[PDB]
J.: 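Once you've had a glance at the structure underneath, I'll fire off some questions.
Starting from 1, each residue takes its place in the sequence as its number. All ligand and atom numbering here is 1-based and tracks the order in the structure. So how was this one determined? The header says X-ray crystallography, 2.5 Å. The figures that follow rest on heavy atoms only: side chains count, while hydrogens, waters and symmetry mates do not.
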Amino acid sequence: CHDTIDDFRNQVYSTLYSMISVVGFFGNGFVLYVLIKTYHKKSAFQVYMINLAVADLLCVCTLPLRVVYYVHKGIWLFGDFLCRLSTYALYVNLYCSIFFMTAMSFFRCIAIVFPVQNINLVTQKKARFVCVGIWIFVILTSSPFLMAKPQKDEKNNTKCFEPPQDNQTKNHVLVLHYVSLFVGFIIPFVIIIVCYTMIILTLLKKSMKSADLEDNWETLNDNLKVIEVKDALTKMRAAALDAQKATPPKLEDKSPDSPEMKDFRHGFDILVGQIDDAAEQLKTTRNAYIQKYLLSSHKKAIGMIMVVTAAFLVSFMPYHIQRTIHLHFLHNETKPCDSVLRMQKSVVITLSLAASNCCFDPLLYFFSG
Ligand SMILES: COc1cc(C(=O)NS(=O)(=O)c2ccccc2C)ccc1Cc1cn(C)c2ccc(NC(=O)OC3CCCC3)cc12
Ligand SMILES: CCCCCCCC/C=C\CCCCCCCC(=O)O
Ligand SMILES: CCCCCCCC/C=C\CCCCCCCC(=O)O
Ligand code: NA
């Protein structure tokens with residue numbers, strides 16, 4: 001037994017931070033470029049996207065300093081201020097990203113679940129105020145990391161990013177860990193679980209209703225081919241009334257009494273009259289009063305669900321489980337080297353995974369933008 005982790009720590013950190021810095025800087029730099037140079041009006045999603053991009057760039061610009069530290073066999077050479085600023089920067093990026101993803105999911109939920117006054121309840125103006133609130137809250141609550149005591153080794157060398165290794169146990173660090181775990185990870189994660197449950201159930205209801213509208217449109221076209229005659233008519237009439245009751249995907253957000261909805265409902269009314277009269281005359285109505293009405297908002301919601309869920313399971317969750325395990329391990333009487341090694345290797349991996357959160361945000365823009 002010895003400090004066998006020291007070479008592993010410096011090898012894995014140098015590789016992963018170097019990779020996260022390059023992928024993170026170019027990915028979010030590109031996303032920021034594309035969003036800044038926008039001509040069409042900014043969405044609530046775009047407000048959250050710009051803020052995620054900035055929170056990611058703020059942190060990727062500090063990661064090259066972490067790289068220089070581990071390349072130097074754990075010797076800090078930039079002073080106290082830059083050590084406290086590099087530590088603070090990671091926690092600010094991590095908790096800002098958790099809050100922006102939560103706020104984005106919450107907004108998209110109210111948009112999907114409640115399309116009546118959705119465009120007035122979940123506005124770009126509202127997104128801007130929430131983000132400011134998120135920045136102030138995170139910047140203030142994370143400040144103790146800026147006013148922490150400097151770390152020095154046996155040989156009086158300046159250290160940075162040191163974990164409570166062994167017997168460095170404190171009860172109020174454990175109380176701060178729990179408030180942070182609940183407010184900063186468990187409450188945001190529960191809101192996402194609930195919101196995503198509501199979106200998925202809503203998406204099934206709308207997907208099944210659009211299959212019936214696709215089924216009535218299929219029967220109208222099929223019985224038209226059955227003519228080229230009393231049986232085909234009795235079948236098209238029951239379906240044309242059924243299709244009239246259904247709402248098309250194109251006019252899903254608009255009101256039921258809207259003049260856009262009235263036109264589609266009247267189109268089936270003119271077609272029902274032509275059906276009772278009876279083939280090339282009713283084929284004209286289905287190509288002028290109903291062809292236009294018979295969804296992307298559904299694809300952007302699925303894209304968001306997949307990237308954000310992965311970001312929570314892969315990046316945010318292992319760090320928060322490991323921090324709970326680690327802090328309690330310090331309070332335990334017995335500490336063998338075979339357990340202290342596997343604990344320290346996990347700190348290296350779960351922190352690298354937490355820092356890799358900036359790599360998920362360009363993917364959120366491709367799949368949900
Ligand atoms: C980020 O808070 C920690 C981080 C660590 C930590 O990560 N330590 S580690 O060695 O690097 C590591 C890495 C990977 C796995 C395991 C470990 C131990 C340990 C304890 C803590 C808890 C903690 C100790 N004080 C003195 C604090 C002061 C203020 C805050 N406010 C905070 O959080 O507010 C955010 C949530 C709401 C908004 C922002 C927390 C703390
Ligand atoms: C700021 C108030 C917000 C309240 C939400 C936070 C929820 C925290 C609730 C329970 C966590 C239990 C805290 C007990 C401390 C255990 C650490 C110890 O002393 O060993
Ligand atoms: C609606 C989204 C669908 C995805 C499912 C998300 C829910 C997953 C939540 C928690 C998974 C927790 C698993 C943690 C295992 C590690 C525990 C351990 O062995 O110590
Ligand atoms: Na992020």
J.: Hmm, looking at ligand 1, which of zafirlukast, tezacaftor, rocuronium would that be?
T.: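 Of those, zafirlukast.
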J.: Write down the name, per UniProt, of the macromolecule bound to zafirlukast (ligand 1) with the most contacts.
T.: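 Largest number of contacts: Cysteinyl leukotriene receptor 1.
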J.: Would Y319 count as being in polar contact with zafirlukast (ligand 1), using the rule that some N or O on each side must be under 3.5 angstrom apart?
T.: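 Yes; the residue has a nitrogen or oxygen that sits under 3.5 Å from a nitrogen or oxygen of the ligand.
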J.: Numbering the atoms of zafirlukast (ligand 1) from 1, which are under 4.0 Å from a heavy atom of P163?
T.: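 Near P163, meaning under 4.0 Å from one of its heavy atoms, zafirlukast (ligand 1) has 10 (O).
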J.: Which of the numbered atoms in zafirlukast (ligand 1) are under 4.0 angstrom from any heavy atom belonging to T350?
T.: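 Answer for zafirlukast (ligand 1): 14 (C), 15 (C).
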J.: Between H326 and zafirlukast (ligand 1), does any nitrogen or oxygen pair lie at a separation below 3.5 Å?
T.: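 In fact, backbone or side chain, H326 has no N or O that close.
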J.: Please list the transmembrane segments of chain A, N terminus first per UniProt, with a heavy atom under 4.0 Å from zafirlukast (ligand 1).
T.: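 Per UniProt, and measuring heavy atoms only, that is 3, 4, 6, 7.
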J.: What about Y95: any of its N or O atoms under 3.5 Å from an N or O on zafirlukast (ligand 1)?
T.: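 No, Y95 has no N/O under 3.5 Å of an N/O on zafirlukast (ligand 1).
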J.: Provide the number and element of each atom of zafirlukast (ligand 1) under 4.0 Å from a heavy atom of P144.
T.: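 Near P144, meaning under 4.0 Å from one of its heavy atoms, zafirlukast (ligand 1) has 28 (C), 29 (C).
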J.: Looking only at distances, please establish whether an N/O atom of zafirlukast (ligand 1) is found under 3.5 Å from an N/O atom of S142.
T.: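 The answer is no, given that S142 and zafirlukast (ligand 1) share no N or O pair closer than 3.5 Å.
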J.: Can you list the zafirlukast (ligand 1) atoms lying under 4.0 Å from a non-hydrogen atom of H177?
T.: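 Taking each heavy atom of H177 in turn, zafirlukast (ligand 1) has 22 (C) under 4.0 Å.
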